[PDB]
**Student:** 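If you scroll down you'll find the structure; I have some questions about it.
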Amino acid sequence: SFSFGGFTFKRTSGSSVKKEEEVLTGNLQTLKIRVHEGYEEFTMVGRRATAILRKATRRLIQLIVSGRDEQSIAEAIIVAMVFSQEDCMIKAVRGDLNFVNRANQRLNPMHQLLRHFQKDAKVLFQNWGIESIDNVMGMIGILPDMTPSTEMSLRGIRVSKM
Ligand SMILES: O=C(O)[C@H]1[C@H]2CC[C@H](CC2)[C@@H]1Nc1nc(-c2c[nH]c3ncc(F)cc23)ncc1F
Ligand SMILES: [Br-]
Ligand SMILES: [Br-]
């Protein structure tokens with residue numbers, strides 16, 4: 001078990017190895033991240049949302065989420081998008097150079113990224129991508145404005161209807 005973003009993560013299948021990599025954020029800062037390489041599935045358990053996250057190397061494959069309300073679901077989706085380590089999430093960082101502003105505090109870069117997007121996820125959601133969805137009974141899309149859609153969704157994301 002490990003906690004991230006206030007969700008308890010448990011790997012339910014697969015495996016990964018860690019490759020240290022320097023990535024360039026949207027505001028041109030460098031982070032040294034432990035990139036997980038391989039196919040994995042995780043459960044995410046929160047107080048107000050639960051999800052199943054299937055991913056590969058720097059790629060969200062599927063996120064199925066259920067939650068108390070749109071804000072709780074969005075909270076789970078932000079964490080999953082950061083945890084994915086996707087390039088479009090890295091490139092969505094904007095604003096003050098506040099990863100650079102911290103030198104000898106030697107903070108965890110994945111925690112820095114999540115804390116950044118917890119301030120304002122609009123650019124993260126607008127740059128993630130949307131796709132057309134199959135009509136799966138009990139499941140619905142969620143758009144970048146966090147409204148439901150039966151026809152389109154944020155890429156790889158589906159909501160299991162309360
Ligand atoms: O510093 C780390 O590497 C920590 C922080 C940032 C993400 C996880 C939770 C906090 C990470 N811890 C763990 N990650 C992982 C892990 C497996 N696949 C992953 N893919 C992406 C990722 F991002 C983390 C992981 N497994 C065990 C862990 F214990
Ligand atoms: Br890291
Ligand atoms: Br469209």
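If you read the sequence from its start, that first residue is 1, and numbering goes on from there. First listed ligand is number 1; within each ligand, the first listed atom is number 1.
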**Student:** Tell me the name of the drug molecule at ligand 1.
**Tutor:** VX-787
**Student:** Which protein or nucleic acid chain has the most heavy atoms near VX-787, under its name in the PDB entry?
**Tutor:** Polymerase basic protein 2
**Student:** List the residues forming the binding site of VX-787, heavy atoms under 4.0 Å.
**Tutor:** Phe2, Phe4, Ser16, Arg34, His36, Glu40, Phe42, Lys55, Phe83, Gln85, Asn108, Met110, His111
**Student:** Could you check the entry and tell me where chain A comes from?
**Tutor:**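 The entry gives Influenza A virus (A/California/07/2009(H1N1)).
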**Student:** Using distance alone, determine whether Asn108 and VX-787 share an N or O pair under 3.5 Å.
**Tutor:**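 Among all N and O atoms of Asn108, at least one is under 3.5 Å from an N or O of VX-787.
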**Student:** Please confirm whether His111 comes within less than 3.5 Å of VX-787 when only nitrogen or oxygen atoms on both sides are compared.
**Tutor:** no
**Student:** Using a 4.0 Å cut-off to any heavy atom of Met110, which atoms of VX-787 qualify?
**Tutor:** 6 (C), 23 (F)
**Student:** Does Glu40, backbone or side chain, put an N or O under 3.5 Å from an N or O of VX-787?
**Tutor:**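 Yes, since at least one N or O of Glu40 sits under 3.5 Å from an N or O of VX-787.
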**Student:** Taking only heavy atoms of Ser16 into account, list the atoms of VX-787 that are under 4.0 Å away from them.
**Tutor:** 17 (C), 18 (N)
**Student:** Is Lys55 in polar range of VX-787, meaning some N or O pair under 3.5 Å apart?
**Tutor:** yes
**Student:** Under 4.0 Å from any heavy atom of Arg34, which atoms of VX-787 are there?
**Tutor:** 1 (O), 2 (C), 3 (O)
